[PDB]
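Structural view - AZD4635 in its complex with Adenosine receptor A2a.
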Amino acid sequence: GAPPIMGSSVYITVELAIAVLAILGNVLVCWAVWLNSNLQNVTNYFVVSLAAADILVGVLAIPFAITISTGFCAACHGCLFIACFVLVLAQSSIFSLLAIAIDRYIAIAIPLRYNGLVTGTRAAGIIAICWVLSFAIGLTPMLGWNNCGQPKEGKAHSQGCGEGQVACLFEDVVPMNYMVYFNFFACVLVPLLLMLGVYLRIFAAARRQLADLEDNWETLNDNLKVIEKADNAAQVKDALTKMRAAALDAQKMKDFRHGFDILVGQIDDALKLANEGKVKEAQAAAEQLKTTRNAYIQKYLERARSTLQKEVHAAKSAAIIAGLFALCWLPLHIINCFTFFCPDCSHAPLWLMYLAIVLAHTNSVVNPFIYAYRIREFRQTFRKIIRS
Ligand SMILES: CC(C)CCC[C@@H](C)[C@H]1CC[C@H]2[C@@H]3CC=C4C[C@@H](O)CC[C@]4(C)[C@H]3CC[C@]12C
Ligand SMILES: CC(C)CCC[C@@H](C)[C@H]1CC[C@H]2[C@@H]3CC=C4C[C@@H](O)CC[C@]4(C)[C@H]3CC[C@]12C
Ligand SMILES: CC(C)CCC[C@@H](C)[C@H]1CC[C@H]2[C@@H]3CC=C4C[C@@H](O)CC[C@]4(C)[C@H]3CC[C@]12C
Ligand SMILES: CCCCCCCC/C=C/CCCCCCCC(=O)OCC(O)CO
Ligand SMILES: CCCCCCCC/C=C\CCCCCCCC(=O)OCC(O)CO
Ligand SMILES: Cc1cc(-c2nnc(N)nc2-c2ccc(F)cc2)cc(Cl)n1
Ligand SMILES: CCCCCCCC/C=C\CCCCCCCC(=O)O
Ligand SMILES: CCCCCCCC/C=C\CCCCCCCC(=O)O
Ligand code: NA
């Protein structure tokens with residue numbers, strides 16, 4: 001049995017390196033949002049809340065984790081707090097991630113009423129509520145759901161602990177049924193699955209709207225060919241009526257409105273000629289629609305397409321951060337499931353526990369890099385902060 005301080009040294013050194021990185025990177029995130037007005041929106045307010053949680057991981061949770069690794073003597077409820085505080089930060093992260101997903105869904109599903117529904121004031125209140133709920137959920141063991149009533153007295157005595165004191169170890173004070181059923185299944189897995197559902201609805205909404213834009217564009221060009229090859233005024237009329245409906249459907253801001261004002265008007269002119277039985281005159285009038293199409297309508301099509309592709313890209317960036325949270329925290333939770341559900345299985349080795357802990361902590365480092373590589377406004381703001 002090699003000296004415990006050696007393996008501890010590696011684990012502690014790595015934890016400290018992660019702490020420094022988690023603090024520096026996320027302070028940079030908060031600083032960027034503070035300085036740049038272009039980054040000051042509801043979505044990034046939840047980003048800041050998420051960054052704040054990761055800063056507290058470096059400042060508090062990792063020092064707590066280092067202290068716990070020693071198994072030092074402590075009052076059981078004191079040990080409980082140290083042990084549970086990371087649950088608060090993880091829970092807060094989950095709420096922030098869920099809020100970001102919902103915010104992006106609202107932005108893509110109902111953009112016309114997004115600004116009136118999703119404000120900074122309401123977002124601030126939501127963030128406040130979610131932090132309170134995170135403390136409630138994370139510190140639930142301090143409300144009585146703990147193992148302090150049945151301390152490991154043999155372990156405490158061997159370490160020379162005083163009366164009322166226990167060897168401070170996570171699994172000795174935090175019940176595994178809490179960790180598996182309440183924390184993991186209810187408070188982590190269900191919100192993550194809800195998140196997945198939201199992002200599925202986001203991407204499906206994007207795909208449908210991009211399809212609708214193309215269908216309108218196709219309806220516009222197809223009916224133009226119909227009018228040109230028509231032989232009677234009735235055929236011209238039917239094609240124009242479908243165009244007028246498609247034009248108004250695509251219409252649903254000054255150069256934009258004027259472009260469609262021309263289009264609908266030109267359709268009405270051709271429609272009037274069509275209802276008079278003047279086929280040739282109707283077709284010639286309908287030919288003018290191509291000029292409006294190339295000068296105005298096509299420009300609106302590409303810009304609308306460009307805006308949706310940007311929303312898709314932004315939603316993907318947010319989903320990546322959500323996925324990374326899951327990837328980093330799932331090993332710890334899975335290990336707890338094995339410990340809990342399979343008492344006939346040997347406990348996961350200490351080195352693997354340390355690795356799972358380090359991995360969870362690394363998640364507090366990765367987000368600033370995702371923002372830098374995927375979000376131009378962040379990356380450019382980061383450069384300005386660092387250079388100056
Ligand atoms: C505002 C921020 C910076 C304050 C941080 C306060 C932290 C460091 C304090 C608050 C409560 C404290 C714990 C309260 C009770 C005990 C029981 C004792 O037997 C060992 C120490 C221990 C486990 C303390 C460790 C440090 C602790 C977690
Ligand atoms: C989320 C992604 C990365 C998947 C994570 C899978 C990891 C967490 C899984 C895969 C295989 C698993 C191990 C398979 C077998 C055992 C032996 C048992 O006596 C204790 C648990 C232990 C040691 C498991 C711990 C968790 C484990 C390491
Ligand atoms: C987010 C997605 C991946 C769902 C999470 C899957 C989790 C809940 C699954 C994946 C693998 C599962 C484990 C696989 C094998 C065993 C060994 C058995 O003796 C007891 C149950 C136990 C320990 C399972 C518990 C639940 C488990 C950890
Ligand atoms: C916009 C900024 C957001 C900032 C807003 C953040 C507010 C966080 C404070 C929570 C205190 C309430 C937590 C309640 C959970 C109770 C469990 C508990 O405290 O028990 C410990 C104990 O004394 C057993 O001895
Ligand atoms: C600028 C940011 C603000 C600063 C944020 C604060 C940083 C907290 C640091 C360490 C927490 C570790 C505390 C635990 C130390 C306990 C060891 C101990 O108590 O040992 C006595 C004992 O009874 C065993 O015998
Ligand atoms: C101080 C500490 C303890 C644990 C820990 N140590 N042992 C066991 N069995 N589970 C957990 C743990 C697992 C999932 C979770 F969300 C929080 C803590 C994990 C982290 Cl990141 N920090
Ligand atoms: C920016 C402020 C951050 C605060 C710095 C914290 C750094 C210290 C890290 C870990 C302290 C661990 C204390 C070890 C517990 C005592 C071991 C024992 O009693 O056997
Ligand atoms: C750990 C379980 C937590 C228990 C939750 C029950 C208490 C919180 C319930 C609802 C929080 C809703 C916050 C609403 C604030 C009012 C906003 C307003 O006045 O406009
Ligand atoms: Na986090």
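All residue numbers in this chain count up from 1 along the given sequence. Start at 1 and go down the list; that is how both ligands and their atoms are numbered.
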Q) For AZD4635, which ligands or chains should I point to, including every copy? A) ligand 6
Q.
Hey, could you tell me which residues sit within 4.0 Å of AZD4635 (ligand 6)? Heavy atoms only, please.
A. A65, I68, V86, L87, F170, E171, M179, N183, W329, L332, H333, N336, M353, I357, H361
Q. Which transmembrane segments of chain A does AZD4635 (ligand 6) approach to under 4.0 Å, counting heavy atoms and using UniProt's N-terminal numbering?
A. 2, 3, 5, 6, 7
Q: Any atoms of AZD4635 (ligand 6) less than 4.0 Å from a non-hydrogen atom of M179? List them with their elements.
A: 12 (C), 13 (C), 14 (C), 15 (C), 17 (C), 18 (C)
Q) Among protein heavy atoms, which sits nearest to atom 22 (N) of AZD4635 (ligand 6), and what does the distance come to when rounded to 0.1 Å? A) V86 CG1, 4.0 Å
**Q.** Those atoms of AZD4635 (ligand 6) less than 4.0 Å from some heavy atom in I68
**A.** 1 (C)
Q. Going by the atom numbers of AZD4635 (ligand 6), which of them fall below 4.0 Å from some non-hydrogen atom of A65?
A. 1 (C)
Q: For atom 18 (C) of AZD4635 (ligand 6), grab the closest protein heavy atom and report residue, atom and distance to one decimal in Å.
A: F170 CZ, 3.6 Å
Q: Just jot down the AZD4635 (ligand 6) atoms closer than 4.0 angstrom to any heavy atom of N336, in number order.
A: 8 (C), 9 (N), 10 (N), 13 (C)
Q.
Below the 3.5 angstrom mark, is there an N/O of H333, backbone or side chain, next to an N/O of AZD4635 (ligand 6)?
A. no
Q. What protein heavy atom is closest to atom 17 (C) of AZD4635 (ligand 6), reported as residue, atom name and distance in Å?
A. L87 CD2, 3.3 Å
**Q.** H361, any N or O under 3.5 Å of AZD4635 (ligand 6) N or O
**A.** no
